[PDB]
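The sequence lines are taken in order and lettered A, B, and onward as chains. Following the PDB entry, chain A residues are numbered 686-696, in order. The numbers used for chain B are those of the PDB entry, and the residues that appear cover 688-696, in sequence. Quick note: numbers on chain C are straight from the PDB entry, i.e. 305-461, 470-548, in order. Going by the PDB entry, the residues shown for chain D are 305-461, 472-548, listed in order. Order of appearance sets the numbers: ligands from 1, and atoms from 1 within every ligand. Only this structure's heavy atoms are used, side chains among them; waters, hydrogens and symmetry mates stay out.
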Amino acid sequence: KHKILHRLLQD
Amino acid sequence: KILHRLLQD
Amino acid sequence: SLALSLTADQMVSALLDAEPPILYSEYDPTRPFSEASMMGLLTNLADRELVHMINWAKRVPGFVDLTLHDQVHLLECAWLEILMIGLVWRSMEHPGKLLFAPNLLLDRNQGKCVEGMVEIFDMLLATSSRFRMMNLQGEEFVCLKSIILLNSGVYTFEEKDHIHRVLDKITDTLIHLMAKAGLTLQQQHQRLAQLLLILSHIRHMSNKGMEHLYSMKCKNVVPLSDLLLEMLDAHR
Amino acid sequence: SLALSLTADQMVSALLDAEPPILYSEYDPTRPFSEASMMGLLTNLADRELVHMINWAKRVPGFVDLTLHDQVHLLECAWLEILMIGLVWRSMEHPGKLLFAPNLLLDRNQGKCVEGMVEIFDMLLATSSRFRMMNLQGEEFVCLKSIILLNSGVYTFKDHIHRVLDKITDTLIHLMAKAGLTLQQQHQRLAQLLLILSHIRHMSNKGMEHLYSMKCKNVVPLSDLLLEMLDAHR
Ligand SMILES: CC/C(=C(/CC)c1ccc(O)cc1)c1ccc(O)cc1
Ligand SMILES: CC/C(=C(/CC)c1ccc(O)cc1)c1ccc(O)cc1
(Lines of atoms letter the chains of each structure in order from A and count residues from 1; the text may use other names and numbers.)
(Lines give C-alpha, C1' and ligand atoms only; values in the text may rest on other atoms or scores of the structure.)
(Ligands and ions follow the chains in the order given, each with its own letter.)
Protein backbone atom coordinates (compact mmCIF):
# COMPACT_ATOMS: atom_id res chain seq x y z
CA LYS A 1 0.00 0.00 0.00
CA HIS A 2 1.02 3.63 -0.34
CA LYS A 3 2.59 4.89 2.85
CA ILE A 4 4.01 8.37 3.47
CA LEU A 5 6.36 6.48 5.79
CA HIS A 6 7.61 4.40 2.83
CA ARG A 7 8.58 7.58 0.98
CA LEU A 8 10.32 9.13 3.98
CA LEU A 9 12.29 5.95 4.68
CA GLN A 10 13.31 5.51 1.05
CA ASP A 11 14.29 9.17 0.73
CA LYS B 1 -13.02 -1.39 47.51
CA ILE B 2 -12.66 -5.17 47.29
CA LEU B 3 -8.90 -5.10 46.66
CA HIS B 4 -8.49 -2.88 49.73
CA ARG B 5 -10.47 -5.35 51.85
CA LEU B 6 -8.61 -8.40 50.53
CA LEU B 7 -5.31 -6.63 51.17
CA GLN B 8 -6.39 -5.84 54.75
CA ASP B 9 -7.23 -9.34 56.03
CA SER C 1 13.01 -3.75 56.16
CA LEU C 2 13.30 -7.54 55.95
CA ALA C 3 13.46 -7.41 52.14
CA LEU C 4 16.74 -5.50 52.25
CA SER C 5 18.30 -8.13 54.50
CA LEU C 6 17.56 -11.14 52.30
CA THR C 7 20.44 -12.71 50.42
CA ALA C 8 20.10 -13.54 46.72
CA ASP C 9 19.37 -17.21 47.39
CA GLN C 10 17.06 -16.22 50.25
CA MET C 11 15.32 -13.86 47.84
CA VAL C 12 14.81 -16.63 45.27
CA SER C 13 13.55 -19.04 47.92
CA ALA C 14 11.06 -16.50 49.30
CA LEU C 15 9.73 -15.76 45.81
CA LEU C 16 9.51 -19.45 44.90
CA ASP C 17 7.78 -20.30 48.18
CA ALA C 18 5.22 -17.57 47.51
CA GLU C 19 4.19 -18.89 44.09
CA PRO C 20 0.45 -19.02 43.53
CA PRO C 21 -0.98 -22.38 42.47
CA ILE C 22 -2.07 -23.21 38.95
CA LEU C 23 -5.85 -23.06 38.99
CA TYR C 24 -8.15 -25.07 36.75
CA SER C 25 -10.89 -23.65 34.55
CA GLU C 26 -14.60 -24.47 34.84
CA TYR C 27 -14.12 -25.55 31.22
CA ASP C 28 -16.25 -28.38 29.86
CA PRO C 29 -14.90 -29.74 26.54
CA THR C 30 -18.34 -31.10 25.62
CA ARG C 31 -20.24 -27.85 25.04
CA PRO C 32 -18.07 -26.11 22.36
CA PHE C 33 -17.30 -22.40 22.25
CA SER C 34 -19.21 -19.15 22.06
CA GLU C 35 -17.84 -15.65 22.66
CA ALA C 36 -19.85 -15.43 25.87
CA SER C 37 -18.59 -18.77 27.21
CA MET C 38 -14.87 -18.29 26.52
CA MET C 39 -15.00 -14.77 27.95
CA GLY C 40 -16.74 -16.32 30.91
CA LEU C 41 -14.00 -18.93 31.26
CA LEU C 42 -11.16 -16.43 30.91
CA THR C 43 -12.65 -13.84 33.27
CA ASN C 44 -13.84 -16.48 35.76
CA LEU C 45 -10.29 -17.84 35.80
CA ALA C 46 -8.74 -14.39 36.16
CA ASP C 47 -11.10 -13.56 39.02
CA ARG C 48 -9.96 -16.65 40.92
CA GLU C 49 -6.30 -16.00 40.09
CA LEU C 50 -6.69 -12.41 41.30
CA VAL C 51 -7.49 -13.60 44.82
CA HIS C 52 -4.32 -15.70 44.82
CA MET C 53 -2.30 -12.89 43.26
CA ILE C 54 -3.35 -10.50 46.02
CA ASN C 55 -2.23 -12.94 48.69
CA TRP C 56 0.94 -13.61 46.71
CA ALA C 57 1.79 -9.88 46.59
CA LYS C 58 1.75 -9.74 50.40
CA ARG C 59 4.53 -12.37 50.34
CA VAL C 60 6.65 -10.37 47.89
CA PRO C 61 9.53 -8.93 49.96
CA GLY C 62 9.16 -5.22 50.68
CA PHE C 63 5.54 -5.09 49.52
CA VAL C 64 4.18 -5.40 53.07
CA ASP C 65 6.33 -2.41 54.09
CA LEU C 66 4.30 -0.15 51.81
CA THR C 67 1.23 1.79 52.88
CA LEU C 68 -2.07 0.13 52.06
CA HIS C 69 -2.86 2.89 49.59
CA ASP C 70 0.38 2.14 47.73
CA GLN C 71 -0.35 -1.59 47.70
CA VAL C 72 -3.77 -1.01 46.16
CA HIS C 73 -2.24 1.23 43.51
CA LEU C 74 0.54 -1.19 42.54
CA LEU C 75 -1.80 -4.15 42.20
CA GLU C 76 -4.39 -2.03 40.36
CA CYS C 77 -1.62 -1.04 37.96
CA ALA C 78 0.03 -4.42 37.51
CA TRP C 79 -2.70 -7.02 37.89
CA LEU C 80 -3.13 -7.88 34.20
CA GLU C 81 0.61 -7.76 33.45
CA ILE C 82 1.08 -10.22 36.28
CA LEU C 83 -1.74 -12.46 35.01
CA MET C 84 -0.20 -12.29 31.54
CA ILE C 85 3.42 -13.07 32.46
CA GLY C 86 2.14 -16.01 34.51
CA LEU C 87 0.16 -17.23 31.52
CA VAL C 88 3.14 -16.87 29.20
CA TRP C 89 5.33 -18.72 31.70
CA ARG C 90 2.84 -21.61 31.90
CA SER C 91 2.60 -21.83 28.13
CA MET C 92 6.35 -21.77 27.53
CA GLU C 93 6.59 -25.52 26.87
CA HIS C 94 3.41 -25.56 24.76
CA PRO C 95 4.40 -24.02 21.40
CA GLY C 96 1.52 -22.32 19.62
CA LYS C 97 -0.73 -22.65 22.65
CA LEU C 98 -1.71 -20.65 25.72
CA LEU C 99 -2.11 -22.77 28.86
CA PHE C 100 -4.64 -20.68 30.79
CA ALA C 101 -5.23 -23.71 32.99
CA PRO C 102 -4.08 -27.35 32.76
CA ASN C 103 -7.52 -28.16 31.34
CA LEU C 104 -7.74 -25.02 29.20
CA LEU C 105 -5.00 -25.03 26.55
CA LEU C 106 -5.79 -22.68 23.66
CA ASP C 107 -4.15 -21.87 20.34
CA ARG C 108 -4.87 -18.71 18.37
CA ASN C 109 -7.83 -19.93 16.28
CA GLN C 110 -9.93 -20.31 19.44
CA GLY C 111 -8.99 -16.73 20.29
CA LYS C 112 -11.09 -15.77 17.29
CA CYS C 113 -14.19 -16.80 19.25
CA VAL C 114 -13.93 -13.38 20.89
CA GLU C 115 -13.60 -10.18 18.85
CA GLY C 116 -10.08 -8.75 18.80
CA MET C 117 -8.83 -11.34 21.28
CA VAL C 118 -6.72 -13.04 18.62
CA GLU C 119 -4.47 -9.97 18.50
CA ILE C 120 -3.85 -10.39 22.23
CA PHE C 121 -3.35 -14.18 21.95
CA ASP C 122 -0.76 -13.61 19.22
CA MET C 123 1.21 -11.22 21.41
CA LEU C 124 1.10 -13.61 24.36
CA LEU C 125 2.22 -16.46 22.11
CA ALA C 126 5.10 -14.37 20.75
CA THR C 127 6.12 -13.64 24.35
CA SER C 128 6.02 -17.33 25.23
CA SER C 129 8.09 -18.04 22.12
CA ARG C 130 10.53 -15.42 23.40
CA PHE C 131 10.82 -17.06 26.82
CA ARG C 132 11.31 -20.44 25.14
CA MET C 133 14.00 -18.91 22.92
CA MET C 134 15.81 -17.55 25.99
CA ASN C 135 15.38 -20.72 28.05
CA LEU C 136 13.85 -18.62 30.84
CA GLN C 137 14.28 -20.18 34.29
CA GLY C 138 11.65 -20.27 37.03
CA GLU C 139 14.06 -18.42 39.31
CA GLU C 140 14.17 -15.63 36.72
CA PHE C 141 10.42 -15.72 36.15
CA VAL C 142 9.57 -15.05 39.80
CA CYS C 143 12.06 -12.18 39.84
CA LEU C 144 10.44 -10.60 36.76
CA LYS C 145 6.92 -10.99 38.15
CA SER C 146 7.82 -9.20 41.39
CA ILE C 147 9.57 -6.46 39.42
CA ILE C 148 6.30 -5.91 37.54
CA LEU C 149 4.34 -5.67 40.80
CA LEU C 150 6.70 -3.05 42.22
CA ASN C 151 7.60 -1.24 39.01
CA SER C 152 4.48 -0.73 36.93
CA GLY C 153 2.70 1.76 39.18
CA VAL C 154 5.73 3.32 40.83
CA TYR C 155 5.68 6.24 38.36
CA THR C 156 1.98 6.95 38.89
CA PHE C 157 1.94 7.42 42.67
CA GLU C 158 10.56 7.87 50.62
CA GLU C 159 7.90 5.30 49.78
CA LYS C 160 9.20 5.06 46.22
CA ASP C 161 12.79 5.12 47.46
CA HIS C 162 12.02 1.96 49.40
CA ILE C 163 10.48 0.36 46.31
CA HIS C 164 13.48 1.28 44.17
CA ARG C 165 15.72 -0.27 46.82
CA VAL C 166 13.79 -3.54 46.63
CA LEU C 167 13.78 -3.36 42.84
CA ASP C 168 17.57 -3.00 43.02
CA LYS C 169 17.75 -6.05 45.30
CA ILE C 170 15.84 -8.08 42.71
CA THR C 171 18.29 -6.88 40.07
CA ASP C 172 21.10 -8.13 42.32
CA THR C 173 19.18 -11.41 42.49
CA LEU C 174 18.78 -11.85 38.72
CA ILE C 175 22.51 -11.22 38.30
CA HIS C 176 23.48 -13.68 41.04
CA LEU C 177 21.38 -16.33 39.28
CA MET C 178 23.00 -15.72 35.88
CA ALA C 179 26.48 -15.82 37.42
CA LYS C 180 25.53 -19.22 38.85
CA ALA C 181 24.38 -20.39 35.42
CA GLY C 182 27.95 -19.85 34.21
CA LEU C 183 27.30 -16.67 32.25
CA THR C 184 30.10 -14.18 31.64
CA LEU C 185 29.84 -10.62 32.93
CA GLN C 186 28.82 -9.44 29.45
CA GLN C 187 26.31 -12.27 29.06
CA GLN C 188 24.81 -11.37 32.44
CA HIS C 189 24.14 -7.77 31.40
CA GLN C 190 22.83 -8.85 28.00
CA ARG C 191 20.40 -11.38 29.46
CA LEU C 192 19.38 -8.90 32.15
CA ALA C 193 18.50 -6.32 29.50
CA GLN C 194 16.75 -8.96 27.39
CA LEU C 195 14.57 -9.95 30.35
CA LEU C 196 13.63 -6.38 31.26
CA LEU C 197 12.90 -5.43 27.65
CA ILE C 198 10.25 -8.15 27.64
CA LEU C 199 8.47 -6.23 30.41
CA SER C 200 7.88 -3.43 27.93
CA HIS C 201 5.92 -5.76 25.69
CA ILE C 202 4.13 -7.20 28.70
CA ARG C 203 3.02 -3.68 29.59
CA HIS C 204 1.86 -3.27 26.00
CA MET C 205 -0.20 -6.44 26.08
CA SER C 206 -1.76 -5.42 29.40
CA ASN C 207 -2.63 -2.02 27.97
CA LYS C 208 -4.32 -3.58 24.95
CA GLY C 209 -5.98 -6.28 27.05
CA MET C 210 -7.37 -3.67 29.43
CA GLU C 211 -8.92 -1.80 26.50
CA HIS C 212 -10.32 -5.03 25.10
CA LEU C 213 -11.70 -5.91 28.52
CA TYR C 214 -13.30 -2.47 28.88
CA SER C 215 -14.98 -2.83 25.49
CA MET C 216 -16.38 -6.24 26.43
CA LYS C 217 -17.78 -4.74 29.64
CA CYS C 218 -19.63 -2.12 27.60
CA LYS C 219 -20.57 -4.83 25.10
CA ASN C 220 -22.20 -6.66 28.02
CA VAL C 221 -22.03 -10.22 26.70
CA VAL C 222 -20.92 -11.82 29.97
CA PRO C 223 -21.07 -10.63 33.62
CA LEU C 224 -17.64 -9.53 34.84
CA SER C 225 -17.00 -10.18 38.53
CA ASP C 226 -17.12 -7.30 41.01
CA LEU C 227 -13.37 -7.45 41.66
CA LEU C 228 -12.52 -7.50 37.96
CA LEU C 229 -14.85 -4.57 37.29
CA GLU C 230 -13.15 -2.59 40.07
CA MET C 231 -9.67 -3.38 38.77
CA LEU C 232 -10.83 -2.49 35.27
CA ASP C 233 -12.25 0.82 36.47
CA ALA C 234 -8.97 1.55 38.26
CA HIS C 235 -7.46 2.09 34.81
CA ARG C 236 -9.99 4.81 34.04
CA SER D 1 25.67 -6.20 9.65
CA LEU D 2 27.90 -3.14 10.06
CA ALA D 3 26.48 -2.18 13.47
CA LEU D 4 27.95 -5.25 15.16
CA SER D 5 31.48 -4.41 14.06
CA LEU D 6 31.27 -0.98 15.66
CA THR D 7 33.00 -0.40 18.99
CA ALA D 8 31.14 0.98 22.00
CA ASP D 9 32.59 4.46 21.58
CA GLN D 10 31.86 4.31 17.85
CA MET D 11 28.27 3.36 18.69
CA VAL D 12 27.82 6.31 21.07
CA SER D 13 29.17 8.81 18.55
CA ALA D 14 27.05 7.33 15.76
CA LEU D 15 23.92 7.68 17.88
CA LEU D 16 24.89 11.14 19.16
CA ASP D 17 25.52 12.27 15.58
CA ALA D 18 22.14 10.97 14.40
CA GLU D 19 20.23 13.10 16.92
CA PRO D 20 17.35 15.03 15.36
CA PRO D 21 17.20 18.82 15.74
CA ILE D 22 15.07 20.62 18.33
CA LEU D 23 12.25 22.15 16.29
CA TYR D 24 10.26 25.25 17.12
CA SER D 25 6.55 25.88 17.43
CA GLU D 26 4.64 28.91 16.17
CA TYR D 27 5.63 32.33 17.54
CA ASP D 28 2.05 33.47 18.17
CA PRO D 29 2.30 34.46 21.86
CA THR D 30 -1.45 34.62 22.55
CA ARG D 31 -2.25 33.07 25.92
CA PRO D 32 -3.89 31.04 27.19
CA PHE D 33 -4.38 28.24 24.69
CA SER D 34 -7.71 26.79 23.65
CA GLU D 35 -8.19 23.07 23.13
CA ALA D 36 -8.10 23.36 19.35
CA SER D 37 -5.06 25.65 19.37
CA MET D 38 -3.02 23.48 21.74
CA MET D 39 -4.07 20.34 19.85
CA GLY D 40 -3.09 22.08 16.62
CA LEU D 41 0.32 23.05 17.97
CA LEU D 42 1.11 19.63 19.38
CA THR D 43 0.04 17.71 16.27
CA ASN D 44 1.79 20.19 13.98
CA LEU D 45 4.97 19.76 15.99
CA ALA D 46 4.85 15.96 16.13
CA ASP D 47 4.25 15.97 12.39
CA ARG D 48 7.48 17.83 11.73
CA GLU D 49 9.39 15.83 14.35
CA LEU D 50 8.25 12.61 12.65
CA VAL D 51 10.07 13.55 9.46
CA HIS D 52 13.34 14.06 11.32
CA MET D 53 12.72 10.88 13.34
CA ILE D 54 12.77 8.79 10.16
CA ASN D 55 16.12 10.38 9.24
CA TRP D 56 17.37 9.55 12.72
CA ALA D 57 16.11 5.97 12.51
CA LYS D 58 17.92 5.30 9.23
CA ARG D 59 21.10 6.47 10.94
CA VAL D 60 20.64 4.17 13.94
CA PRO D 61 23.28 1.44 13.37
CA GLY D 62 21.71 -1.80 12.14
CA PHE D 63 18.40 -0.20 11.20
CA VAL D 64 19.29 0.18 7.52
CA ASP D 65 20.12 -3.53 7.31
CA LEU D 66 16.45 -4.25 7.93
CA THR D 67 13.99 -4.66 5.08
CA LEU D 68 11.73 -1.67 4.41
CA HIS D 69 8.75 -3.53 5.93
CA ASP D 70 10.68 -4.20 9.14
CA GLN D 71 11.71 -0.56 9.38
CA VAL D 72 8.10 0.47 8.78
CA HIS D 73 6.90 -1.96 11.44
CA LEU D 74 9.33 -0.76 14.12
CA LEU D 75 8.66 2.92 13.50
CA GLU D 76 4.89 2.49 13.37
CA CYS D 77 5.11 0.63 16.69
CA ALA D 78 7.52 2.97 18.45
CA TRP D 79 6.97 6.45 17.02
CA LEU D 80 5.08 7.95 19.97
CA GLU D 81 7.38 6.30 22.52
CA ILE D 82 10.24 7.95 20.65
CA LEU D 83 8.58 11.39 20.54
CA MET D 84 7.77 11.09 24.24
CA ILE D 85 11.19 10.01 25.46
CA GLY D 86 12.66 12.90 23.45
CA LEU D 87 10.10 15.26 24.96
CA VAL D 88 10.88 13.92 28.41
CA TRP D 89 14.62 14.24 27.73
CA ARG D 90 14.27 17.88 26.58
CA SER D 91 12.13 18.66 29.63
CA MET D 92 14.67 17.32 32.10
CA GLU D 93 16.18 20.72 32.89
CA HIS D 94 12.74 22.31 33.24
CA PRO D 95 11.17 20.67 36.30
CA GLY D 96 7.37 20.79 36.39
CA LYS D 97 7.28 21.67 32.69
CA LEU D 98 7.24 20.02 29.28
CA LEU D 99 9.51 21.63 26.69
CA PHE D 100 7.68 20.69 23.51
CA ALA D 101 9.67 23.37 21.72
CA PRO D 102 11.95 26.15 22.97
CA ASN D 103 9.07 28.56 22.33
CA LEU D 104 6.49 26.06 23.62
CA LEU D 105 7.32 25.27 27.26
CA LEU D 106 4.16 24.02 28.98
CA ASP D 107 3.44 23.63 32.70
CA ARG D 108 1.12 21.02 34.20
CA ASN D 109 -2.06 23.13 34.28
CA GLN D 110 -1.79 24.00 30.59
CA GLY D 111 -2.50 20.33 29.95
CA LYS D 112 -6.01 21.05 31.21
CA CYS D 113 -6.66 23.00 28.00
CA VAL D 114 -7.23 19.63 26.35
CA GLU D 115 -9.52 17.13 28.06
CA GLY D 116 -7.68 13.98 29.12
CA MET D 117 -4.31 15.58 28.35
CA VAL D 118 -3.39 16.49 31.94
CA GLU D 119 -3.15 12.78 32.79
CA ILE D 120 -0.68 12.33 29.94
CA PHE D 121 1.25 15.42 31.02
CA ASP D 122 1.56 14.13 34.59
CA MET D 123 2.98 10.83 33.37
CA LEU D 124 5.50 12.66 31.18
CA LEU D 125 6.40 15.08 33.98
CA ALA D 126 6.95 12.15 36.36
CA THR D 127 9.15 10.46 33.75
CA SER D 128 11.22 13.63 33.31
CA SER D 129 11.61 13.97 37.08
CA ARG D 130 12.75 10.33 37.24
CA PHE D 131 15.36 11.03 34.54
CA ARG D 132 16.44 14.14 36.44
CA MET D 133 16.96 12.24 39.68
CA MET D 134 18.85 9.47 37.89
CA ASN D 135 21.08 12.13 36.32
CA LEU D 136 20.38 10.63 32.92
CA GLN D 137 23.19 11.46 30.48
CA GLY D 138 22.74 12.26 26.79
CA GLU D 139 24.75 9.19 25.82
CA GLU D 140 22.42 7.00 27.89
CA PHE D 141 19.36 8.74 26.48
CA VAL D 142 20.28 8.14 22.85
CA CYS D 143 20.99 4.50 23.72
CA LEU D 144 17.54 4.17 25.31
CA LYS D 145 15.80 5.84 22.39
CA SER D 146 17.48 3.41 19.98
CA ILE D 147 16.44 0.51 22.22
CA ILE D 148 12.81 1.63 21.97
CA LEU D 149 13.00 1.82 18.16
CA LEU D 150 14.47 -1.67 17.88
CA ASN D 151 12.71 -3.40 20.76
CA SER D 152 9.12 -2.18 20.91
CA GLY D 153 7.99 -3.88 17.72
CA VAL D 154 10.36 -6.84 17.63
CA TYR D 155 7.90 -9.24 19.32
CA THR D 156 5.13 -8.33 16.90
CA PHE D 157 7.17 -9.68 14.01
CA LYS D 158 14.77 -11.23 14.87
CA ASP D 159 18.33 -12.36 15.59
CA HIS D 160 19.88 -9.35 13.82
CA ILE D 161 17.73 -6.87 15.76
CA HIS D 162 18.40 -8.75 19.00
CA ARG D 163 22.15 -8.76 18.31
CA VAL D 164 22.03 -4.99 17.87
CA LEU D 165 19.93 -4.72 21.03
CA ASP D 166 22.70 -6.67 22.78
CA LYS D 167 25.20 -4.24 21.24
CA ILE D 168 23.42 -1.25 22.78
CA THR D 169 23.28 -2.98 26.17
CA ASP D 170 27.04 -3.44 25.91
CA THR D 171 27.26 0.24 24.92
CA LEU D 172 25.12 1.29 27.87
CA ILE D 173 27.28 -0.74 30.25
CA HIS D 174 30.39 0.72 28.62
CA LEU D 175 29.04 4.21 29.35
CA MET D 176 28.41 3.37 33.01
CA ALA D 177 31.80 1.79 33.57
CA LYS D 178 33.11 4.98 31.97
CA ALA D 179 31.39 7.09 34.63
CA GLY D 180 33.15 5.10 37.34
CA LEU D 181 30.13 3.11 38.49
CA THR D 182 30.90 -0.21 40.19
CA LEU D 183 29.73 -3.52 38.72
CA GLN D 184 26.75 -3.65 41.09
CA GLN D 185 25.93 -0.03 40.29
CA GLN D 186 26.28 -0.84 36.59
CA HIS D 187 23.63 -3.55 36.35
CA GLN D 188 21.45 -1.77 38.91
CA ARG D 189 21.41 1.36 36.74
CA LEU D 190 20.92 -0.67 33.56
CA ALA D 191 17.85 -2.22 35.14
CA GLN D 192 16.53 1.13 36.41
CA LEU D 193 16.84 2.64 32.94
CA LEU D 194 15.18 -0.25 31.08
CA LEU D 195 12.30 -0.39 33.55
CA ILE D 196 11.41 3.21 32.70
CA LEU D 197 10.88 1.99 29.15
CA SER D 198 7.87 0.06 30.46
CA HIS D 199 6.36 3.34 31.65
CA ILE D 200 7.20 4.99 28.34
CA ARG D 201 5.29 2.19 26.60
CA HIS D 202 2.36 2.83 28.96
CA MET D 203 2.42 6.56 28.21
CA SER D 204 2.54 5.97 24.45
CA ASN D 205 -0.44 3.62 24.66
CA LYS D 206 -2.32 6.22 26.72
CA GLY D 207 -1.34 8.89 24.24
CA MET D 208 -2.34 6.74 21.29
CA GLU D 209 -5.86 6.33 22.65
CA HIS D 210 -6.12 10.07 23.35
CA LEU D 211 -4.98 10.88 19.82
CA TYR D 212 -7.51 8.40 18.46
CA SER D 213 -10.29 10.06 20.48
CA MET D 214 -9.28 13.49 19.19
CA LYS D 215 -9.45 12.03 15.69
CA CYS D 216 -13.01 10.85 16.34
CA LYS D 217 -13.83 14.07 18.18
CA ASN D 218 -12.50 15.82 15.08
CA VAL D 219 -11.28 18.81 17.12
CA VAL D 220 -8.32 19.34 14.80
CA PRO D 221 -7.55 17.97 11.32
CA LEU D 222 -4.67 15.51 11.61
CA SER D 223 -2.08 15.14 8.86
CA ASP D 224 -2.14 12.11 6.59
CA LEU D 225 1.24 11.09 8.01
CA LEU D 226 0.17 11.30 11.65
CA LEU D 227 -3.11 9.56 10.81
CA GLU D 228 -1.23 6.73 9.11
CA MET D 229 1.12 6.33 12.07
CA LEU D 230 -1.98 6.29 14.24
CA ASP D 231 -3.85 3.84 11.99
CA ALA D 232 -1.04 1.33 12.52
CA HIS D 233 -2.08 0.88 16.16
CA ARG D 234 -5.75 0.08 15.57
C1 LIG E 1 -6.18 -12.72 27.83
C2 LIG E 1 -7.39 -13.17 28.61
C3 LIG E 1 -7.29 -12.73 30.06
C4 LIG E 1 -8.04 -11.68 30.49
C5 LIG E 1 -7.99 -11.19 31.92
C6 LIG E 1 -9.39 -10.98 32.45
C7 LIG E 1 -8.96 -10.95 29.52
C8 LIG E 1 -10.23 -11.48 29.28
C9 LIG E 1 -11.09 -10.83 28.42
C10 LIG E 1 -10.70 -9.65 27.80
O11 LIG E 1 -11.58 -9.00 26.93
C12 LIG E 1 -9.43 -9.12 28.05
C13 LIG E 1 -8.56 -9.77 28.91
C14 LIG E 1 -6.40 -13.51 31.02
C15 LIG E 1 -7.02 -14.36 31.92
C16 LIG E 1 -6.29 -15.11 32.82
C17 LIG E 1 -4.91 -15.04 32.80
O18 LIG E 1 -4.17 -15.81 33.72
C19 LIG E 1 -4.27 -14.21 31.89
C20 LIG E 1 -5.01 -13.44 30.99
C1 LIG F 1 1.63 14.45 24.30
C2 LIG F 1 1.39 15.34 23.10
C3 LIG F 1 2.00 14.73 21.86
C4 LIG F 1 1.19 14.12 20.96
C5 LIG F 1 1.75 13.50 19.68
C6 LIG F 1 0.87 13.79 18.48
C7 LIG F 1 -0.30 14.06 21.22
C8 LIG F 1 -1.08 15.14 20.82
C9 LIG F 1 -2.44 15.15 21.03
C10 LIG F 1 -3.04 14.06 21.63
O11 LIG F 1 -4.43 14.08 21.83
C12 LIG F 1 -2.28 12.97 22.03
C13 LIG F 1 -0.90 12.96 21.83
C14 LIG F 1 3.50 14.88 21.64
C15 LIG F 1 3.92 15.77 20.66
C16 LIG F 1 5.26 15.98 20.41
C17 LIG F 1 6.21 15.31 21.15
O18 LIG F 1 7.57 15.54 20.88
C19 LIG F 1 5.81 14.42 22.15
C20 LIG F 1 4.46 14.21 22.40
Engineer: Drug at ligand 2: what is it called?
Structural biologist: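 Answer: diethylstilbestrol.
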Engineer: List the macromolecule sharing the largest contact count with diethylstilbestrol (ligand 2), named according to the PDB entry.
Structural biologist: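 Most contacts: Estrogen receptor.
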Engineer: Help me out: which other chains have heavy atoms closer than 4.0 Å to diethylstilbestrol (ligand 2)?
Structural biologist: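 Going by heavy atoms, that would be D.
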Engineer: Go through diethylstilbestrol (ligand 2) atom by atom and flag the ones less than 4.0 Å from a non-hydrogen atom of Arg394(D).
Structural biologist: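 Answer for diethylstilbestrol (ligand 2): 18 (O).
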Engineer: As deposited, to what residue and atom does the covalent bond from diethylstilbestrol (ligand 2) connect?
Structural biologist: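 The model places no covalent bond.
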Engineer: Taking 4.0 angstrom as the limit and counting only heavy atoms of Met528(D), give me the atoms of diethylstilbestrol (ligand 2) inside it, by number and element.
Structural biologist: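 Diethylstilbestrol (ligand 2) atoms under the 4.0 Å threshold to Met528(D): 11 (O).
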Engineer: Would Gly521(D) count as a contact of diethylstilbestrol (ligand 2) if the rule is a heavy atom under 4.0 Å away?
Structural biologist: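 The answer is yes: diethylstilbestrol (ligand 2) sits under 4.0 Å from a heavy atom of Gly521(D).
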Engineer: Looking only at distances, please establish whether an N/O atom of diethylstilbestrol (ligand 2) is found under 3.5 Å from an N/O atom of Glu353(D).
Structural biologist: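 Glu353(D) vs diethylstilbestrol (ligand 2): N/O contact under 3.5 Å present.
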Engineer: Could you find the nearest protein heavy atom to atom 3 (C) of diethylstilbestrol (ligand 2) and give me its residue, atom name and distance?
Structural biologist: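 Answer for atom 3 (C) of diethylstilbestrol (ligand 2): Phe404(D) CE2, 4.4 Å.
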Engineer: Which residue holds the protein heavy atom closest to atom 4 (C) of diethylstilbestrol (ligand 2), what is that atom called, and what is the gap in Å?
Structural biologist: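 Answer for atom 4 (C) of diethylstilbestrol (ligand 2): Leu384(D) CD1, 4.4 Å.
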Engineer: For diethylstilbestrol (ligand 2), is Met522(D) a contact, meaning one of its heavy atoms is under 4.0 Å away?
Structural biologist: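 Checking diethylstilbestrol (ligand 2) against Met522(D), which is what was asked, there is no heavy-atom contact under 4.0 Å.
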Engineer: Just jot down the diethylstilbestrol (ligand 2) atoms closer than 4.0 angstrom to any heavy atom of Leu387(D), in number order.
Structural biologist: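 This gives 17 (C), 18 (O), 19 (C) as the contact atoms.
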Engineer: Would a search of protein heavy atoms around atom 7 (C) of diethylstilbestrol (ligand 2) find one under 4.0 Å away?
Structural biologist: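 When distances to the protein are checked, atom 7 (C) of diethylstilbestrol (ligand 2) has no heavy atom within 4.0 Å.
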Engineer: State whether the shortest distance between N or O atoms of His524(D) and N or O atoms of diethylstilbestrol (ligand 2) falls below 3.5 angstrom.
Structural biologist: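 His524(D) vs diethylstilbestrol (ligand 2): N/O contact under 3.5 Å present.
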Engineer: UniProt 17beta-estradiol-binding residues in chain D with a heavy atom under 4.0 Å from diethylstilbestrol (ligand 2)?
Structural biologist: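 UniProt annotation plus heavy-atom distance gives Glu353(D), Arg394(D), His524(D).
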Engineer: I'm curious, in chain D, which UniProt domain holds most of what contacts diethylstilbestrol (ligand 2)?
Structural biologist: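 UniProt calls that domain NR LBD.
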Engineer: I need the residues around diethylstilbestrol (ligand 2) for my notes - heavy atoms within 4.0 Å, please.
Structural biologist: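 At that heavy-atom cut-off, the residues are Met343(D), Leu346(D), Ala350(D), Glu353(D), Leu384(D), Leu387(D), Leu391(D), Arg394(D), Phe404(D), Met421(D), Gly521(D), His524(D), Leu525(D), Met528(D), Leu540(D).
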